[PDB]
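For reference, the structure discussed in these notes is given below.
The lettering of chains (A, B, ...) simply tracks the order of the sequence lines. Following the PDB entry, chain A shows residues 11-112, 123-151, 161-276, kept in their order. Numbers in chain B track the PDB entry; the residues on display, in order, are 11-112, 123-151, 161-276. Using the PDB entry numbers, chain C covers 11-112, 123-151, 161-276, in order. For chain D, we keep the numbers from the PDB entry: what you see runs 11-112, 123-151, 161-276, in order. Technique stated in the header: X-ray crystallography, 2.3 Å. Indexing begins at 1, ligand by ligand and atom by atom, following the structure's order.
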Number of protein chains: 4
Amino acid sequence: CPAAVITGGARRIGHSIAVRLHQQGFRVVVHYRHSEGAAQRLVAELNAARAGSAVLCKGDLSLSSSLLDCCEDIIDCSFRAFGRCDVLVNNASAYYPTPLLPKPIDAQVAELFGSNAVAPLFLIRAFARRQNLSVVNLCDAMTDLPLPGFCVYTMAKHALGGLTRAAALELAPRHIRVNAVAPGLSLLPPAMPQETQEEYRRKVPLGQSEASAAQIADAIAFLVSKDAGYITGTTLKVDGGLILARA
Amino acid sequence: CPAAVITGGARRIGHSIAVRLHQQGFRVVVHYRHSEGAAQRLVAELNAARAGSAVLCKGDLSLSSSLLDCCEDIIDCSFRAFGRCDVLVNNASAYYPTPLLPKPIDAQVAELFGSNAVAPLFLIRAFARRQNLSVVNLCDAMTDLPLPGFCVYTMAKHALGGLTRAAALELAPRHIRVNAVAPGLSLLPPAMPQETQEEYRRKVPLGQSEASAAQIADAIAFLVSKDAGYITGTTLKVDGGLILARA
Amino acid sequence: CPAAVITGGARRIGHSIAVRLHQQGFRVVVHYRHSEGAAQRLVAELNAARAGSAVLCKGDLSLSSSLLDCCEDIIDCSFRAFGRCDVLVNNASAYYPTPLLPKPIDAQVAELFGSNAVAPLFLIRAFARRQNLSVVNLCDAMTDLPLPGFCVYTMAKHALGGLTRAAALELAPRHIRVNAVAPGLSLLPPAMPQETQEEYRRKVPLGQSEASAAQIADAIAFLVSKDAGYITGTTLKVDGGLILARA
Amino acid sequence: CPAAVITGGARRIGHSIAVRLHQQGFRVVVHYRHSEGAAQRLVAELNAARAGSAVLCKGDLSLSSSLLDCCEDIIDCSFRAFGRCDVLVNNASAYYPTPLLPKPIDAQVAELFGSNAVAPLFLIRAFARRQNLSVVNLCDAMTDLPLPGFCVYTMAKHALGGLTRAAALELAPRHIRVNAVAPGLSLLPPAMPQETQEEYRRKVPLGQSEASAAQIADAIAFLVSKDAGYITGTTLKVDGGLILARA
Ligand SMILES: NC(=O)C1=CN([C@@H]2O[C@H](COP(=O)(O)OP(=O)(O)OC[C@H]3O[C@@H](n4cnc5c(N)ncnc54)[C@H](OP(=O)(O)O)[C@@H]3O)[C@@H](O)[C@H]2O)C=CC1
Ligand SMILES: NC(=O)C1=CN([C@@H]2O[C@H](COP(=O)(O)OP(=O)(O)OC[C@H]3O[C@@H](n4cnc5c(N)ncnc54)[C@H](OP(=O)(O)O)[C@@H]3O)[C@@H](O)[C@H]2O)C=CC1
Ligand SMILES: NC(=O)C1=CN([C@@H]2O[C@H](COP(=O)(O)OP(=O)(O)OC[C@H]3O[C@@H](n4cnc5c(N)ncnc54)[C@H](OP(=O)(O)O)[C@@H]3O)[C@@H](O)[C@H]2O)C=CC1
Ligand SMILES: NC(=O)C1=CN([C@@H]2O[C@H](COP(=O)(O)OP(=O)(O)OC[C@H]3O[C@@H](n4cnc5c(N)ncnc54)[C@H](OP(=O)(O)O)[C@@H]3O)[C@@H](O)[C@H]2O)C=CC1
Ligand SMILES: CN(Cc1cnc2nc(N)nc(N)c2n1)c1ccc(C(=O)N[C@@H](CCC(=O)O)C(=O)O)cc1
Ligand SMILES: CN(Cc1cnc2nc(N)nc(N)c2n1)c1ccc(C(=O)N[C@@H](CCC(=O)O)C(=O)O)cc1
Ligand SMILES: CN(Cc1cnc2nc(N)nc(N)c2n1)c1ccc(C(=O)N[C@@H](CCC(=O)O)C(=O)O)cc1
Ligand SMILES: CN(Cc1cnc2nc(N)nc(N)c2n1)c1ccc(C(=O)N[C@@H](CCC(=O)O)C(=O)O)cc1
């Protein structure tokens, strides 16, 4: 049985990824930072389906003196619990505005660049050094049309895109595939008022609806499968045509 | 049972795609131009497995006065035979050099632009007007790094990518998804000497091997499946990292 | 004194380019199809400032059995009149909708693909075989966000983008540079009502104004200058941040 | 008279840029880190040409508790010395390998990301808050074909690209243009043995030669000039077609 590590796999999309992989024979490591309770409910639920098929792992992925070691332990966790790690899904991501013109800015680049870019880099490094192996990074189809006010987040995601291709090429000799899935509009913020959410959905050309977590899980499932054995360094966009819409 | 049209489906990649879709309940129309024998052997072979599950259709897709009528009939064939058409795979493609510096150039653009770009347009146009509907175009991942001497072929493939995105947006309201699969190095020319073939394969970062028709068919099968129901206007690269390699 | 061919150079952007290059010592060949009067006035106005520094040349760039010969004569015209041709600006371009769902379609593809892609190809080809040489193609920055209903036009421009990169690479050894300028929103349709025009200008991030013909011509002048002597195969976007705006 | 800040402007490309801008009537703030000698010879040399036209400024741009204030002072330096800052050229850049498979990695990500992305972000942020204003970031045309072993540098530059577009959109209302120039093969490492250097030059399609520093300054001078008044959010590639070369 192959093992997979899902960062931020406690809720939403990450939760759907952890479940999907598990439904396919994967033993999963569910990482989280604060959604400890949601994490436990998922792990328990998975082990109830298959004893010893799911473990928990807590860790902050922000830039810090402890980030490099934290990433080392998160991967080490897969080996301690399952003796192996075949799949890494970089789903954990900090997301909020940081307007150029008027929490500290320094602390923002630390949390935004850490979770969306640097942690993934440290995780892949650790994953590759301890070795159907594949990595799947979660990108954002919309970063090409920068969301006003999310400057730092945009840079972070662009950097992650550079990591997907840079890693893809260096790990090819090691037979490790590195790809990405780029959602456009998926699960909306839970606090966001319905009328606002409805103004967002109406923008999606294909069905005027956001992508469900399961549809995103589907794409990831395809990329980790043997049906994508020749695919590496590619980004799979899942945005219902949203990026194609003219302003 | 859904029906699928596959242009240039008698041999190589088209053949593999036709077999893959058929194994999934699809009633396929095999289109061909010169490979009449191969087409008959494929249809017979397919019907043998399920009576009335395959039909044949001949037609040149080069630019001409007849192209528009020809593409209408090719789609009409699916309806006459199965009363429906749910999937269209634009696979047919002419491919040969057209060096800028020293068969008539006019006739070359007629054949290269017709099969790679204009017929697909007319086919999509007919497919949409006669309506899990989806179209899949066979692109080329290496066209961003122009193969010297294949200028016209390259322009055609770029037009095709343009069609993939324009059609995806115009057809979203009609619930028809339009995507593309972009091979990098797949089935090599049968007449190319083995040593030259070996020099080409050695360039592939992931395994130093070309993609098998089945690995290309896998990606395609994924894009027509319900697991891609939210995917439209995207190009799935299947090149084992080739496009990432620095000269 | 160097010579420059500007296709569709009788009015609008083409007109502005002919004047800029002329004010720089260039001897221009003003090509046109229907704008015979405008071409005569422009040529006279330029010869007035410098005798024998401008010539006229009529020719349809739609797909045809004559296209190839026409393109040969258009380049030959510059040699007949100036004994040389250093710069080719592919500005001529047909533009109008071709909706997938309901003038013959065949005639529309002949004109859109002819002027936007095939002619430029034959022109570049002729330009090269008869040789600071450089070619500048007029692309469209907004084609990445397909304008609903302009499907054929969009494909043509993508083909033109492919030609820019393919020609640049093939012609590097011949010391001929090949670049492109991609306007976003520039000279609006003269018949478009003011309010509609005002709605379009509002969409531009940088100044809520469209690009003036002179600003497009400035970019063109730079790429043909020696200050761009190491620049080939690149596309210079001049859209005032329009392509960055989210829908 | 306008003032321009040039990071890493003591030698090579940065030096060429400072001179060019100075030759156009610009008052320049020459920033450096260790090239203290070259910085002083450049500034005196420029002050000899025009008294009080050039000032010096030393600083490190790696991630740190002090980075934010260091960037603030570098911009402030322009106002103290000239009471204004119109142009900002982000040239400074750390460059070296960081192989995924076997100086600390944490330290490397701090210097590579700080100088190539984060510092630029704080400079732009400082430059905008204190306000023909434009920013020019130095990118890398080859980052799309990741150089094996430069994983971190590649991510840093990708992030720089996201910043160029993010900033360009957010600062359009403030009338500040943000663009980028992306060299391919320019000045080789001074310690690199000639034969290696020759092997690198041979790969350049246009002339088989690297871009001189002047050719790069030309592109930058153009983007800062009024001849690019409508250009923002764009990346100008200057690689002699190197990026088009198929491996
Ligand atoms: N949803 C959408 O519409 C879109 C999503 N995406 C991308 O898809 C992925 C999943 O998105 P979505 O489910 O909405 O994400 P969320 O923002 O809901 O969750 C991200 C998860 O990662 C965790 N996390 C955030 N910051 C850190 C940190 N510094 N260290 C460790 N963990 C952290 C969260 O905390 P905790 O574990 O405490 O709960 C959370 O569970 C992301 O990478 C996102 O960028 C892209 C486009 C659209
Ligand atoms: N093979 C590779 O390495 C790569 C392939 N691709 C793309 O994948 C797709 C499949 O490739 P591959 O199987 O090698 O293709 P082939 O070139 O082998 O076959 C194309 C097929 O389409 C048919 N065809 C060609 N011209 C015309 C025309 N004018 N009118 C009608 N039919 C025509 C052929 O004729 P007939 O039916 O008479 O035999 C042929 O069977 C193509 O779109 C190709 O561009 C992209 C990158 C790499
Ligand atoms: N204006 C804008 O807002 C934008 C323009 N662009 C691009 O910039 C370039 C210049 O644009 P613009 O000035 O508006 O273009 P126009 O559409 O006004 O003019 C194109 C010119 O080329 C000629 N032409 C059109 N079809 C043919 C043909 N089949 N054969 C010969 N000549 C033909 C015209 O005919 P005739 O000589 O008979 O008058 C016309 O003078 C174009 O390539 C356009 O695609 C891109 C984005 C935006
Ligand atoms: N040269 C080429 O072939 C290519 C260059 N480029 C890009 O063009 C730009 C200029 O390139 P090039 O002149 O070769 O660059 P160099 O690497 O020669 O110089 C970068 C400059 O910035 C300074 N610097 C380096 N690290 C730091 C740091 N951590 N903090 C502050 N300053 C630092 C240097 O130190 P000091 O002041 O001590 O001398 C140096 O003056 C760069 O952004 C580069 O990425 C892109 C492709 C190719
Ligand atoms: C598509 N998306 C949903 C969403 C949900 N969680 C995520 N989580 C992460 N990590 N990354 C994402 N891209 C992400 N995206 C979006 C896009 C824009 C805005 C946005 O404009 N937000 C404003 C609020 C807008 C309003 O309600 O008026 C803000 O101030 O944050 C919110 C969610
Ligand atoms: C990846 N590919 C295989 C291949 C085979 N059939 C195809 N068929 C079509 N429709 N489209 C393709 N892209 C295609 N590609 C290639 C790539 C380069 C050359 C090439 O350079 N060909 C030289 C021959 C090179 C040699 O053997 O010396 C030629 O003149 O045709 C051939 C096939
Ligand atoms: C940016 N642009 C200006 C412009 C004018 N002449 C050109 N000429 C050429 N050859 N190419 C262009 N891209 C071009 N574009 C545009 C963009 C959209 C529409 C457009 O949607 N037109 C509708 C009319 C919109 C309306 O007024 O309601 C049409 O049906 O033609 C027109 C001009
Ligand atoms: C194009 N380029 C020149 C060069 C010089 N200084 C720079 N400085 C910065 N800031 N950024 C750059 N991109 C840059 N590029 C390159 C590209 C690759 C290698 C490279 O492969 N370097 C090997 C040496 C290769 C060898 O000689 O064997 C190394 O280990 O450093 C060197 C220079």
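- The drug placed at ligand 5 in this model is methotrexate.
- The name the PDB entry gives to the main binding partner of methotrexate (ligand 5) in this structure is pteridine reductase 2.
- Using a 4.0 Å cut-off on heavy atoms, the other chains next to methotrexate (ligand 5) are A.
- Judged by the shortest distance from any of its heavy atoms, A/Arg22 lies inside the 4.0 Å radius around the atoms of methotrexate (ligand 5).
- The residue A/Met171 has no part lying near methotrexate (ligand 5), judged by heavy-atom distances below 4.0 Å.
- Under the 4.0 Å distance rule, the nearest protein heavy atom to atom 23 (C) of methotrexate (ligand 5) falls outside the cut-off.
- From the protein, the heavy atom lying nearest to atom 25 (C) of methotrexate (ligand 5) is A/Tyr229 OH, 3.3 Å.
- Counting atoms of methotrexate (ligand 5) from 1 in the listed order, those under 4.0 Å from a heavy atom of A/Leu176 are 18 (C).
- With ligand atoms numbered from 1 in the order given, methotrexate (ligand 5) contributes 27 (O) to contacts under 4.0 Å with heavy atoms of A/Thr225.
- Close contacts between methotrexate (ligand 5) and A/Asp169 involve ligand atoms 13 (N) [criterion: under 4.0 Å to a heavy atom].
- Taking a 4.0 Å cut-off on heavy atoms, A/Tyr106 fails to register as neighbouring methotrexate (ligand 5).
- At the top of the distance list for atom 31 (O) of methotrexate (ligand 5), counting protein heavy atoms only, stands A/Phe179 CZ, 3.5 Å.
- What sits closest to atom 16 (C) of methotrexate (ligand 5) on the protein, heavy atoms only, is A/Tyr105 OH, 3.4 Å.
- Nearest to atom 13 (N) of methotrexate (ligand 5) among the protein's heavy atoms is A/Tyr182 OH, 2.8 Å.
- Atom 30 (O) of methotrexate (ligand 5) has A/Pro107 CG, 4.4 Å as its closest protein atom, hydrogens excluded (heavy atom only).
- Distances below 4.0 Å separate heavy atoms of A/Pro218 from the following atoms of methotrexate (ligand 5): 33 (C).
- Scanning the protein for heavy atoms near atom 10 (N) of methotrexate (ligand 5), the closest one is A/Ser103 OG, 2.7 Å.
- Interface of A/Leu214 with methotrexate (ligand 5), defined as ligand atoms under 4.0 Å from a residue heavy atom, comprises 1 (C).
- In this structure, the binding site of methotrexate (ligand 5) at 4.0 Å (heavy atoms) is formed by A/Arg22, A/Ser103, A/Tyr105, A/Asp169, A/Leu176, A/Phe179, A/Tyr182, A/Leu214, A/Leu216, A/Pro218, A/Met221, A/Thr225, A/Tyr229.
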Output, or 'none' if empty, a list of methotrexate (ligand 5)-protein atom pairs in which both atoms are N or O and the distance is under 3.5 Å, rounded to 0.1 Å.
unit_1	atom_1	unit_2	atom_2	d
methotrexate (ligand 5)	6 (N)	A/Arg22	NH2	3.4
methotrexate (ligand 5)	10 (N)	A/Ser103	O	3.2
methotrexate (ligand 5)	10 (N)	A/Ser103	OG	2.7
methotrexate (ligand 5)	11 (N)	A/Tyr182	OH	3.4
methotrexate (ligand 5)	13 (N)	A/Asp169	OD2	3.4
methotrexate (ligand 5)	13 (N)	A/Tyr182	OH	2.8
methotrexate (ligand 5)	21 (O)	A/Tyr229	OH	3.0

